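Looking at a structure with FG-2216 today.
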Amino acid sequence: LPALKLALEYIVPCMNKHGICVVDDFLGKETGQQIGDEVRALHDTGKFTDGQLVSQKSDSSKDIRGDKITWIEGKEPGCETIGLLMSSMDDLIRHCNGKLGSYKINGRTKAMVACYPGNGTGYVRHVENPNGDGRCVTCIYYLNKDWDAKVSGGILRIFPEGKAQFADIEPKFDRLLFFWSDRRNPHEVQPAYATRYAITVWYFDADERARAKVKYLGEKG
Ligand SMILES: O=C(O)CNC(=O)c1nc(Cl)c2ccccc2c1O
Ligand SMILES: [Mn+2]
């Protein structure tokens, strides 16, 4: 699907109405698998961190660690297809710009590739950007073929503001997710009992980012 039809007939209206938008079959099976292969290779060759320290015991051997991450620019050897994904995300956002709320997106982060190792760890309820650091949209791409949450857990649960209801997102292969990064969307990752991969990019609003700079402010003289 042209990034444009997707953006204009689905992503823009869905984001403006619900603040959450799920796109299935974003890149297709061949490309999705290549990205999966690239991410698994990063994992298998030790490029991820050891995982978030979840519980720290007096005996460090007993320490429990959770989500593992690596930061990817998309230009690294063996990361080209991740780079293609990132360029594809950028295309969608470009076609959305000026239509996602009143935001004007002018930049993004590198990609954060996350691996929940499947040891029953998840990610606590949180807001992405509670203090105004510039991020207005979170974009997540999932890689997990034939994921079944009834057996593997790992659901992303969002708690949209004002509503008495969940939004439960399975981390399905070739699924792309957008949601507002601010306090409108507190969310959590439920315990994952199988290896679970995702790739996240955050997009910046030009005005919020420009004034965030005042919080972390250098020329000599
Ligand atoms: O993976 C998911 O479906 C949802 N993930 C998150 O909400 C999430 N958020 C943050 Cl801020 C971090 C931050 C660091 C590492 C992993 C994270 C994560 O998985
Ligand atoms: Mn998050």
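Shown for chain A, in order and in the PDB entry numbering: 188-404, 406-409. All heavy atoms count here, side chains included; hydrogens, waters and symmetry mates do not. In each ligand, atom 1 is the first atom listed, and ligand 1 is the first ligand listed.
All instances of FG-2216 are found at ligand 1.
Against FG-2216 (ligand 1), the chain with more heavy-atom contacts than any other is given by UniProt as Egl nine homolog 1. Regarding atom 15 (C) of FG-2216 (ligand 1), its nearest protein heavy-atom neighbour is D254 OD2, 3.1 Å. By the 4.0 Å heavy-atom criterion, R383 is counted among the residues contacting FG-2216 (ligand 1). The single protein non-hydrogen atom nearest to atom 5 (N) of FG-2216 (ligand 1) is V376 CG2, 3.6 Å, given as residue, atom name and distance. With a cut-off of 4.0 Å, the other ligands and ions near FG-2216 (ligand 1) are: ligand 2 (manganese (II) ion). Close approach to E315 involves these atoms of FG-2216 (ligand 1), each under 4.0 Å from a residue heavy atom: 9 (N), 11 (Cl). In terms of protein heavy-atom proximity, atom 19 (O) of FG-2216 (ligand 1) is closest to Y303 OH, 2.6 Å. At a heavy-atom cutoff of 4.0 Å, FG-2216 (ligand 1) is contacted by no atom of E375, backbone or side chain. Using 4.0 Å as the threshold, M299 has a heavy atom nearer than that to some atom of FG-2216 (ligand 1).
Filtering the residues that UniProt lists as binding 2-oxoglutarate in chain A by heavy-atom distance under 4.0 Å from FG-2216 (ligand 1) yields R383. Residue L343 has at least one heavy-atom neighbour below 4.0 Å for each of these atoms of FG-2216 (ligand 1): 3 (O), 4 (C). The contact region for FG-2216 (ligand 1) on chain A lies mostly in UniProt domain Fe2OG dioxygenase. Interface of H374 with FG-2216 (ligand 1), defined as ligand atoms under 4.0 Å from a residue heavy atom, comprises 7 (O).
Per the PDB, the organism of origin for chain A is Homo sapiens. Of the heavy atoms in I256, only side-chain atoms (C-beta onward) come closer than 4.0 Å to FG-2216 (ligand 1). For FG-2216 (ligand 1), one of its N or O atoms has an N or O atom of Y329 under 3.5 Å away. The residue-level binding site of FG-2216 (ligand 1) (heavy-atom cut-off 4.0 Å) is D254, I256, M299, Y303, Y310, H313, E315, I327, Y329, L343, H374, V376, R383.
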